[PDB]
Each structure stands twice: as C-alpha cells, then as structure tokens.
Amino acid sequence: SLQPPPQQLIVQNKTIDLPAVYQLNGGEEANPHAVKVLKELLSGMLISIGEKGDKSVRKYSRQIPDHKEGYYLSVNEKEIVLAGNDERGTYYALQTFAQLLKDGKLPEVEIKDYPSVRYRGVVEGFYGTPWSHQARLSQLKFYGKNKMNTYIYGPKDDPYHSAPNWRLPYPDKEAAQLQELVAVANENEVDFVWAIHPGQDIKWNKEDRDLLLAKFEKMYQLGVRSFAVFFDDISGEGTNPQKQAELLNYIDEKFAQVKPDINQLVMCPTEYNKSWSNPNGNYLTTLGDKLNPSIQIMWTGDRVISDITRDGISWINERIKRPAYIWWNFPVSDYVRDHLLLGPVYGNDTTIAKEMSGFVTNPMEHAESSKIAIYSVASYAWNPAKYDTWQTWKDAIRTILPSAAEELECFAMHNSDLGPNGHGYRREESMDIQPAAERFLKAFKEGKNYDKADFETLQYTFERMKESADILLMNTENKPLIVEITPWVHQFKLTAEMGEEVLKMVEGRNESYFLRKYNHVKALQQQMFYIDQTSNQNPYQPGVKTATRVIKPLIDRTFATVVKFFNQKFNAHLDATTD
Ligand SMILES: CN(N=O)C(=O)N[C@@H]1[C@@H](O)[C@H](O)[C@@H](CO)O[C@H]1O
Ligand SMILES: [Ca+2]
C-alpha cells in the first residue's frame, strides 16, 4: 500500500528476501541522505543506488523518469535498483523502498515515479499556541517520509521574522535552534522556506529594502536556501502591486540570481483569495504582469477557507499569468479552536496538477493531530489523479498510531466537522451511522415504532466510542498525540455515556428507573460543561466540542423527546432541555 501512490507501478507476485549478503554499488556517489537510509534498512546481491549520470546507474538511465524529483525503482532476485533523476529523487526512491520492506522481505516490482505538483508540504500559518521546537523536528522527518518538500516556517512566538525585529539578526540561541531545523530539513530533503513578514512596519525607501537584503543574507549564512515574503499584512504605499513586484524582482536579481543554490522564492499577495479581491481594482493582473516569472504567488482559493476547483484555479491563473501556489486552509482550526478536525482531506479537484505550482496545508495548532491531514495532502499533491480520500485517511491513521488504529479511526470519524463558523466552511462527519440516526429519530419523534436494527447500531456506536476513548487515553505509542487530544477524548467518552443512558431512557422499563437515567444524563451534561469551561481555554472559541454534527444533536433531541413523552404520561414537568 504505497503512500503516496507511485505514478507507475508493476508488481510481480514473486517476492525475494532482503539479501543477507549484498554488494553496494554507488555508495560513494549517490545522495548521502538516501544512502544513509539504505544502510539503516540494511543493518552478495547487487544493489545499485545513484542519480542519473552516476557510474553506478548508467545501465538504467533510460528507465529514470525525466522529471524533477523522479526515480526508477526495481526489485527482482538478480538485483535492486534505486535510481534518482536527481539527489532528491534517489532519496524518494528510498522512501518507497522502505514501505516495500515487510519482514526482511521485498515484493518483486518495478516503479517509475515523480511528483505531479512541483512544491508540496506545510505552511506554519495558524494562530494559537505555536508548535514547540521538538514538534517541528518531528514534522520535518514526517515530511521527508511522505515526500513533502516544503516547509514554510513561521512560529508566531519568534519576532525575528516580523515587525519590527525582522530587521534584526537571530540571537545565538534561537539561531542555533533554527540551524538545527535547517539541518534536519536538509537531511530529509525538505526545503526550509524562511518567510519574512515586514508589511506592518516597512518603508518603501532604499534603506528598508537593503535591510531586508541583509536579513536574507544572514539567513543564508545560517543555511536557509528558500524564502518567502508576505504582503497580506500591509497598508498604504505598500499595497501597490507595481512596487511589490519591484521589490521582489529586486531580491531575485540581487540575491536569488546571485547565489548558486536558492530553491524557492515565494510571495504572499495582498489579495490572496478571490473573495477578498477587488474586481474594480488592478492588483492581481498587475502583479502577474510585473513579477518575475520564476517567483511564486501564494493563493488560498475562492475564499479564505476554500477547496481548490478547476474554475477556481483558472480564475487566478489567468490573472497572475502563472500556476498559483496553493495555500490550503485546512486542517487549521484556529477559528474553531474548540473542535478537532481529524476527518479526511477532500474537495480539491484531482485533475489540476499542471495548474498549480505548489500545494501546502495550513495545519492545526495540534501538531501530531495534524499529521492525518498532512499525510493525506502529501498523497494528494504527489499523485492527485490516483488520490483516494478514504484509503489515505485510514492509511494515515494506521501510520500515526498502528497500535490503536481502529480506535483513532472511531474517534476521528466523529471529530471532523467545524460546526457553524464565520468562514461558512464545513466537513462531513459520522457518515457511517447517519442514516440509522435519522431514521430512528424520525420514527421516534412521531410516536411511530423505530427499527430495532437502528437502535442497536446507535447502542453499538456508543459502546464502541467508550472502548475507543479509553484505549486512546492510555496509549503510549504516540504520547504527544494523546496529550493533544485528551480533553476531547474525555469529552467523547462523556458523549457516548450520555448516549447510552438516553437510549436506556427510551427503552424505559419503569418510572423510577427512568428518573435515575434522567438524573444521570443531567449530571453528565454537567461534566461536559465543566470540561468545556476548564479545558482548552482560549480567548476566541474556548472549550471542547466533539461528535457535534450528528451525534450530540441525536442525543439531545432524543432526550428532549423522551422527556416530553414522559411528562405527558405522568403529568410531570421535568426540564427537557440539554443546555
Ligand atoms: C494566506 N493567509 N495569510 O497570508 C492566510 O490564510 N491567513 C490567515 C490564516 O493564517 C488563518 O489560519 C486563517 C483562518 O484563521 O485566516 C487567514 O486569513
Ligand atoms: Ca551523484
């Protein structure tokens, strides 16, 4: 089950063993990063590793795809061939090789691969608590594993990339940590893109221009080889696309064209989605016209939160006269901070790879939890035409938490919707039991017998959520993930219990039992409010919501309805509300 799926793949249905004795050909010649991975997989048979042009992979150079980051991989009993179009490609061959190895044994196959989107990875662009240094080292290694080549770096607690301290050099301590990120991004074939955010206090004069240049040069000396300049945050003169183009072209010419090894050079426009673009203005096409063709322009789609469509990307491509570099604002939850967004990644058109220069995801402030979407994005961006939302979602989860994948699946299935929000952006959730939920409720609401099978499905779900919750909380394979999701897990358990007791009210043996359940529900609704007042307290959407699209309303509505039915029956007046 390769992730991302290779462009071309032929499997033989024979299978050889990792050879106990082998002979490495190209050890000296291939990308050291890939070879290091090979040595670690290899802790006799001919294994050939190298890039196009290496003496070691001469025999196979017609098999190597002619694409940046492409590779040829081969496995049969005679030899193993791992051969890149360039260094990054060989490393990518090795990342695929590692997924093939299962029990010192390899399948016999032949693969020709390359990415369909040129740039792919993550932009650290969410409001909230910034990630720790450690979380970032871990992200970078996860990117290399999934062949993401882009990391746009922006922690919001580092003031040396924005007003006013962008002007200033990183202090020693922070510098060295930053170097460490760059070192790790290099080893894993990721472009560390340092992004500067000047728009707040930038002057259109030559001195500020020079200070930026020198800042870029300092980052260069610390190892950075890719750069972004942000203009989303600016006003007045600064909003002139003409002048933005001049400054960026200026940096291209005096800097990027002058160093030998500058990879990405990227800007974020002042109008970065169609809806905040002024059709009575000039901004985009002027930028398109005046900005050097090798400079990327970032774009989030039709609206701030938006999936990428064919209409959507034509519309921006026509204007900037190049393929947009997509900034996808999902799974970022910084405007729905009381939700986790753990669902699958979908909605982006799968036939538009030629039309986009980059694809990056803006993740949640929950770094590990974000790995589900991130792995899915890497898959989508590498081979959109073979993109399989749901298999890739299950694959991500099995990858992040193999020892409790079914449990994270159950939990994630019911934590994907945003609930109503200022952006009007929603996701599906709980689709598996939706039909049973809706039938049971329609029948139940109208005094009409519900179906036993729907009742049992709901029962079953609640039981399974409790099991999953409890396994999740005690799991120690990925502690960071568990630390991140714990409050919500507790909340998810409470939801399940609440569901169980309400269902017991529906089954309703006798009046006294019914009041026990009723009081137990009130008490549980009560601990949910507790958690929601004491956990995840942030200024904007403080708290913890879970299972909110289908499940909590099914339970609330079933509760109101059953109490109503109880009040008629016994001329009682129990409060029927869930709030
Ligand atoms: C491209 N871009 N800023 O340049 C953004 O997407 N910025 C913020 C982005 O940082 C934020 O996560 C979302 C949702 O809160 O709102 C956007 O406006
Ligand atoms: Ca070489």
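Quick note: numbers on chain A are straight from the PDB entry, i.e. 4-46, 54-589, in order. Numbering of ligands and ligand atoms starts at 1, following listing order.
Here the macromolecule with the greatest number of atom pairs within 4.5 Å of ligand 1 is listed in the PDB entry as O-glcnacase BT_4395. Matching the molecule at ligand 1 against methoxsalen, probenecid, streptozotocin gives streptozotocin.
Counting heavy atoms under 4.0 Å, the binding site of streptozotocin comprises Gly135, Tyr137, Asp242, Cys278, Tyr282, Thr310, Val314, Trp337, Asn339, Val342, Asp344, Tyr345, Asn372. Listed by number with element, the atoms of streptozotocin under 4.0 Å from a non-hydrogen atom of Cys278 are 4 (O).
Those atoms of streptozotocin that come under 4.0 Å of a heavy atom in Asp344, given as number and element, are 11 (C), 12 (O), 14 (C), 15 (O). Counting the atoms of streptozotocin from 1 in the order shown, those under 4.0 Å from a heavy atom of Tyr137 are 10 (O).
Atoms of streptozotocin found under 4.0 Å from any heavy atom of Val342, numbered from 1 in the order shown, are 12 (O). Inclusion of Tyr345 in the set of residues having an N or O under 3.5 Å from an N or O of streptozotocin is not warranted. If you number the atoms of streptozotocin from 1 as listed, the ones under 4.0 Å from a heavy atom of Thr310 come out as 1 (C). Each of the atoms 16 (O), 17 (C), 18 (O) of streptozotocin lies under 4.0 Å from some heavy atom of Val314. Per UniProt, the active-site residue of chain A closest to streptozotocin (non-hydrogen atoms, rounded to 1 Å) is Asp243, 6 Å. The region of chain A touching streptozotocin is mostly the UniProt domain GH84. Checked against UniProt, the protein-binding residues of chain A with a heavy atom under 4.0 Å from streptozotocin turn out to be: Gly135, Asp242, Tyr282, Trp337, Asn339, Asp344, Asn372. In summary, the atoms of streptozotocin found under 4.0 Å from a heavy atom of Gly135, numbered by their order in the structure, are 9 (C), 10 (O), 12 (O).
For streptozotocin, the atoms closer than 4.0 angstrom to any heavy atom of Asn372 are 12 (O).
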